[PDB]
There are 2 protein chains.
Amino acid sequence: XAXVXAXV
Amino acid sequence: XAXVXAXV
DNA sequence: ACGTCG
DNA sequence: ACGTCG
Ligand SMILES: *C(=O)c1cnc2ccccc2n1
Ligand SMILES: *C(=O)c1cnc2ccccc2n1
Ligand SMILES: *C(=O)c1cnc2ccccc2n1
Ligand SMILES: *C(=O)c1cnc2ccccc2n1
Ligand SMILES: [K+]
Ligand SMILES: [Mn+2]
Ligand SMILES: [Mn+2]
């Protein structure tokens, strides 16, 4: 849920 | 993830 | 259940 | 020369 590299 | 030159 | 740049 | 999460 975090999106720092993916944002899922 | 680190931004030391890109910051992704 | 998700992976990234100069 | 450096790693970023709910
Ligand atoms: C987002 O909150 C979150 C938490 N755990 C994960 C595990 C695997 C893929 C994506 C996820 N996203
Ligand atoms: C994004 O591509 C990415 C990959 N690995 C991680 C590990 C821990 C926190 C955040 C991350 N983000
Ligand atoms: C950030 O933590 C991080 C780690 N590895 C990477 C590889 C390629 C592009 C960006 C990256 N960012
Ligand atoms: C920033 O543009 C950049 C390019 N190469 C690196 C190599 C190692 C650590 C940090 C770096 N930052
Ligand atoms: K982001
Ligand atoms: Mn991964
Ligand atoms: Mn690394």
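So you know, we letter chains A, B, ... as the sequences are listed, proteins then strands, and number each from 1. Modified residues are written as their parent or as X; their further atoms are not counted. Quick note: numbers below take in every heavy atom, side chains included, and nothing from hydrogens, waters or symmetry partners.
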Give the name, from taspoglutide, echinomycin, dusquetide, of the drug modelled at chain A.
echinomycin
If you measure heavy-atom distances to echinomycin (chain A), which other chains fall under 4.5 Å?
B, C, D
Tell me the name listed for chain B in the PDB entry.
Echinomycin
In this entry, what is the source organism recorded for DNA chain C?
unidentified
Return the name the entry uses for chain A.
Echinomycin
